[PDB]
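In the model that follows, one finds zopolrestat.
The PDB entry numbering applies to chain A: residues 1-315, in that order. First listed ligand is number 1; within each ligand, the first listed atom is number 1.
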Amino acid sequence: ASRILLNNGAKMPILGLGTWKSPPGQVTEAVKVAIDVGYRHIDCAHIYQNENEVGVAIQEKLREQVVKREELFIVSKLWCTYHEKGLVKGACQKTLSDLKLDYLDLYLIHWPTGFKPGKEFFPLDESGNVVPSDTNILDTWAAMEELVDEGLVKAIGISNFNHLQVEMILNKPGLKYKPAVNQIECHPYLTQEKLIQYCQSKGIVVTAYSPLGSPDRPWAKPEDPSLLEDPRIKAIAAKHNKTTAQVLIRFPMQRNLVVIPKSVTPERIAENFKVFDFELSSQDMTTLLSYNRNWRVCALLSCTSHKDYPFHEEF
Ligand SMILES: NC(=O)c1ccc[n+]([C@@H]2O[C@H](COP(=O)([O-])OP(=O)(O)OC[C@H]3O[C@@H](n4cnc5c(N)ncnc54)[C@H](OP(=O)(O)O)[C@@H]3O)[C@@H](O)[C@H]2O)c1
Ligand SMILES: O=C(O)Cc1nn(Cc2nc3cc(C(F)(F)F)ccc3s2)c(=O)c2ccccc12
C-alpha cells in the first residue's frame, strides 16, 4: 500500500522525494522525472532555497496533464527564524508563492528551536553560538494551527522534536490540531526505536529523513560511517538482487514509516522508487536494526545551548 492515513483524514504517500541540496539547476528536472516515474510526495523547505524551482516543475506537469494537484502531497517547513507568531503566516505564504500552490498538504515546524528573526538563516554571535529567539514551542504551534483554519495547509506537524517536546504539544490546553507527522532522522545507524514507538502510540506518523545517510551532507568527514558503502547492507541487497539504496528505502517502509530519499540523478530517482516489488525478511529487518549507533547526520553543534535543543534527551 502506497499511502498512510493521517489524523486529518488525508492519505500521505509513504515514498517521497527529498530536495535538500538539490541545486535549482537540477531540482526542476528531478521533480519532473520523479513525477513521471510515480512520485507523488515531495518534501520541501524554505531553507532549501529551491522552492521556486520545485514549483516550476509541479506547475508544468499539471499543465502537461500528467497529474492533478489532488494527487500530489506537497510538504514544506517553517524555518527557525520565523517562530514568532506574527511571522508564521508570512513564511507559509512565501513558500506557497514560490511553490506556485494555493495550499500545502503538510507544513512542519522544521526544528523546535526558534532563532533570532532577521535575514540571516543561521544567526550567530561573534563567537559562533546560534542566537536564539524568545519564542516557545506552544505559541509557535498555535500559529501553525491558524494556517489550517485559514485553509493554507491541510495538516501540520513537527520535525526533530523529542518525545517530551511532542508531549508539550499533545498536552496543550486548548489544543486545536494534534500534530499529524513528526519528521526525524532515521536509518540503520540511528534507528529511533523509542521515539518511533512513542509517536506511533499517539497516532502520529513518522517520516524518516536522510535514509541513505546523507552522503552529500556538507559537513561530512571521511572517517564517518557510510551506509551506502556498508558491506553488510551491500550483502543484504545482493541477496535480494536490489541496490543498497533500495534496501535502505524499503527498511523504513516496513516499519510503517514514510521515507524521503533525495536525488537529482534521473537514473537514481527511478531506481529509488522501485521498492514496492520486494520484501526484506524478518532476519534482514532484525539485522538492519542491530546496526544502530546513535549517529546523526543532522545535529548542528552551534545550537546545543538552545533551551529547546532536542537531542539532550534520550529520545
Ligand atoms: N526535517 C529535516 O530537518 C530534514 C533534515 C535532513 C533531510 N531532510 C529531508 O530528507 C531528504 C533526504 O535526506 P538527505 O537529503 O539528507 O539524504 P539521503 O536521501 O539520505 O541521501 C541523498 C544522497 O544520496 C545520493 N543517492 C540517492 N539515491 C542514490 C542511489 N540510488 N544510489 C547511490 N546514491 C544515491 C544522492 O546523490 P544525487 O542526488 O547526487 O543522486 C545524495 O548525495 C532531504 O533531501 C530533505 O528533503 C529533512
Ligand atoms: O534542516 C534541514 O532540513 C537539513 C539541514 N540540517 N542542518 C544541520 C542542522 N542541525 C540543526 C539543529 C537544530 C537544533 F534544533 F537542534 F537546535 C536546529 C537547526 C538545525 S539545522 C543544516 O545545517 C542545514 C543547513 C542548511 C540547509 C539545511 C540544513
Location of zopolrestat, all copies: ligand 2
Counting heavy-atom pairs under 4.5 Å, which macromolecule has the most such pairs with zopolrestat, as named in UniProt? Aldo-keto reductase family 1 member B1
Quick check on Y209 - does any of its heavy atoms sit under 4.0 Å from an atom of zopolrestat? no
With heavy atoms only and a cut-off of under 4.0 Å, state how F161 meets zopolrestat: side chain, backbone, both or neither. neither
Which residue is it, and how far: the UniProt active-site residue of chain A nearest to zopolrestat, by heavy-atom distance to 1 Å? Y48, 3 Å
With a 4.0 Å cut-off on heavy atoms, is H110 touching zopolrestat? yes
Does zopolrestat have an atom under 4.0 Å from some heavy atom of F121? no
Quick one: what other ligands or ions are closer than 4.0 Å to zopolrestat? ligand 1 (NADP nicotinamide-adenine-dinucleotide phosphate)
Does the residue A45 have a heavy-atom contact with zopolrestat, meaning some pair of atoms that are separated by less than 4.0 Å? no
I need the nearest protein heavy-atom contact for atom 8 (C) of zopolrestat: residue, atom name and distance, please. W219 CH2, 3.4 Å
Which residues carry both labels: UniProt NADP(+)-binding in chain A, and heavy atom within 4.0 Å of zopolrestat? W219
Side chain, backbone, both or neither: which part of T113 has a heavy atom under 4.0 Å from zopolrestat? side chain
Zopolrestat near UniProt substrate-binding residues in chain A (heavy-atom cut-off 4.0 Å): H110
What is the residue-level binding site of zopolrestat with heavy atoms closer than 4.0 Å? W20, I47, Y48, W79, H110, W111, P112, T113, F115, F122, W219, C298, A299, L300, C303, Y309, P310
Do any nitrogen or oxygen atoms of zopolrestat lie under 3.5 Å from a protein nitrogen or oxygen, and which ones?
unit_1      : atom_1 : unit_2 : atom_2 : d
zopolrestat : 1 (O)  : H110   : NE2    : 3.1
zopolrestat : 1 (O)  : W111   : NE1    : 3.1
zopolrestat : 3 (O)  : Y48    : OH     : 2.6
zopolrestat : 3 (O)  : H110   : NE2    : 2.7
zopolrestat : 10 (N) : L300   : N      : 3.2

